A.B. asks: 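Here it is, the structure, as structure tokens.
All chain A residue numbers match the PDB entry; in order, they span 15-411. Read the numbers this way: they start at 1 and go in the same order the structure lists the ligands and their atoms. When reading the values below, keep in mind they use all heavy atoms of this one structure, side chains included, and skip hydrogens, waters and symmetry mates.
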Amino acid sequence: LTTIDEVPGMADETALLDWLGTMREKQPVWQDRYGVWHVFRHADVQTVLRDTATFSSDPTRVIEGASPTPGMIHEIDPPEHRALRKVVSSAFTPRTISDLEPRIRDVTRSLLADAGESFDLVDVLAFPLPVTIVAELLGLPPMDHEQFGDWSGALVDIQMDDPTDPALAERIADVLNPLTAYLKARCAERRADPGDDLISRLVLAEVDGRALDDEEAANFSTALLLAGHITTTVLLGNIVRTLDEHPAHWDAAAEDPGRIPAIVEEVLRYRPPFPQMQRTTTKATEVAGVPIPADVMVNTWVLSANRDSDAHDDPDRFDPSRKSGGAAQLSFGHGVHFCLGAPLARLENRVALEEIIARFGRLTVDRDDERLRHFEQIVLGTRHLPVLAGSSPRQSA
Ligand code: HEM
Ligand SMILES: CC(=O)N1CCN(c2ccc(OC[C@@H]3CO[C@@](Cn4ccnc4)(c4ccc(Cl)cc4Cl)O3)cc2)CC1
């Protein structure tokens, strides 16, 4: 233990993981050189995420401009979070998600049908599939944009190191503002003539007198669109990667496609698309007996918690057959901010992997030109994943 910050960056995962392990052991609550605090143990990550009074999700809590963006449900605390969550959950329903299955399968099947035997999984499927699905769910037209989220890439590639930096707020707003404005216009068109698409549902939604204005509906639809440009794109790459490291599971899921949901849960634990979540202390508190001051940022390492042997047995072992006494998925968060889109992600990744197996039996990652381009910061995964099918319906005698 020395007072010289490293943090292996995300790009070297094995080194990140060895660091996390040692911190879990020796420094479970750590303050970095920017005065940002880090929480590494499973039970402590849980404490933090649950306790919204002490640990607020409003980053703008500190900054002199009390600007909580309306309808940014992940950046809003009780009691307003509660009423907001109720309004959106009433538009964004299981039924609404589940009816998507046939379209999810149609799109996935057509995109793969054209891929050849050697392609980029991200450009071919992992990116265009959720973009298409989420737009259609929201009731938007098909978009012209596609470079693996030109704007969503800019977002995750933000000029950032010190999260205390006030500029950062502006750099984010710079990217999102054009997109939020475009959605605000779409919401106003649906307010005029509502359909059954999700934007119409959002605009008509009302729970205990609380309705979304076009500000809030546009903001929240923007978040949803962003979720669809990034999350499945990262998870599905992580799934193929991991299965490529334990390839016996390709054959097992081919024989019993009902094993697929469990593969997805396991990769979620093993490689969470989002390894860290962020909170701000609203008051002097302590974690693990470590005193933390008011008004500072706190990062909760979901990646650490997931590899913490006190939470799981043999935690670095990739094992889909691991029954869990109360399978609750920390990679989708913990508490009242628990992932609203969890069913949709589970559905898209299940259908995706099903369709990969049905056409190809298996894919392997292709490192025959370069090593993978990992995300350097926000998410845990790769920007591209060139793959190779050994088998496919194209092969002839
Ligand atoms: C692999 C896929 C996904 C992962 C790992 C994931 C992860 C997460 C996590 C960790 C949180 C909690 C954030 C916090 O506590 O600060 C969260 C919240 C949220 N996610 Fe996701 N998500 C995924 C897919 C999606 C999708 C597809 C959508 C919507 C289309 C979505 C929408 C949301 C929303 C709206 C919330 C916040 C709910 C609230 O604040 O009450 N997610 N997600
Ligand atoms: C030092 C350093 O690099 N820090 C690392 C960790 N920091 C960080 C960590 C996590 C993070 O994710 C925040 C939030 C939490 O989850 C999401 C990502 N997301 C999207 C759908 N499901 C999850 C999100 C949830 C809900 C909604 Cl409506 C929109 C979004 Cl988008 O971003 C954003 C930034 C960034 C700075």
A.B. asks: From the contacts in this model, which chain binds ligand 2 most extensively, according to the PDB entry?
C.D. replies: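 Greatest contact count: cytochrome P450 113A1.
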A.B. asks: List the drug name given for ligand 2.
C.D. replies: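 The drug there is ketoconazole.
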A.B. asks: Within 4.0 Å (heavy atoms only), which residues surround ketoconazole?
C.D. replies: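 The heavy-atom site around ketoconazole is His88, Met174, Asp175, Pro177, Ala237, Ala241, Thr245, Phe288, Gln290, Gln292, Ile392.
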A.B. asks: Can you tell me which residue and heavy atom of the protein come closest to atom 19 (N) of ketoconazole, and the distance to 0.1 Å?
C.D. replies: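 Nearest neighbour among protein heavy atoms for atom 19 (N) of ketoconazole, to 0.1 Å: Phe288 CE1, 3.5 Å.
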A.B. asks: Among all protein heavy atoms in this structure, tell me which lies nearest to atom 33 (C) of ketoconazole, with the distance rounded to 0.1 Å.
C.D. replies: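 Answer, as residue, atom name and distance: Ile392 CG2, 4.5 Å.
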A.B. asks: Any chance you can tell me which UniProt substrate binders of chain A have a heavy atom closer than 4.0 Å to ketoconazole?
C.D. replies: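 Heavy atoms under 4.0 Å from ketoconazole, UniProt residues: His88, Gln292.
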A.B. asks: Of the protein's non-hydrogen atoms, which lies at the shortest distance from atom 9 (C) of ketoconazole, and what is that distance?
C.D. replies: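 Protein heavy atom at minimum distance: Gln290 O, 3.2 Å.
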A.B. asks: What residue and atom, counting heavy atoms only, is the protein's closest point to atom 6 (C) of ketoconazole, and at what distance?
C.D. replies: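 Checking every protein heavy atom, the shortest distance to atom 6 (C) of ketoconazole gives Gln292 OE1, 3.6 Å.
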A.B. asks: Might you check, step by step, whether the distance between atom 28 (Cl) of ketoconazole and some protein heavy atom is under 4.0 Å?
C.D. replies: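 Within 4.0 Å of atom 28 (Cl) of ketoconazole, protein heavy atoms are found.
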A.B. asks: Tell me, which protein residue and heavy-atom name are nearest atom 21 (C) of ketoconazole, and how many Å apart are they?
C.D. replies: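 Going atom by atom, the protein heavy atom closest to atom 21 (C) of ketoconazole ends up being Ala241 CB, 3.5 Å.
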A.B. asks: What is the closest protein heavy atom to atom 3 (O) of ketoconazole, and at what distance does it sit?
C.D. replies: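 Going atom by atom, the protein heavy atom closest to atom 3 (O) of ketoconazole ends up being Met174 SD, 3.5 Å.
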A.B. asks: What is the nearest protein non-hydrogen atom to atom 13 (C) of ketoconazole, stated with its residue, atom name and distance?
C.D. replies: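 In this structure, atom 13 (C) of ketoconazole has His88 CD2, 4.6 Å as its nearest protein heavy atom.
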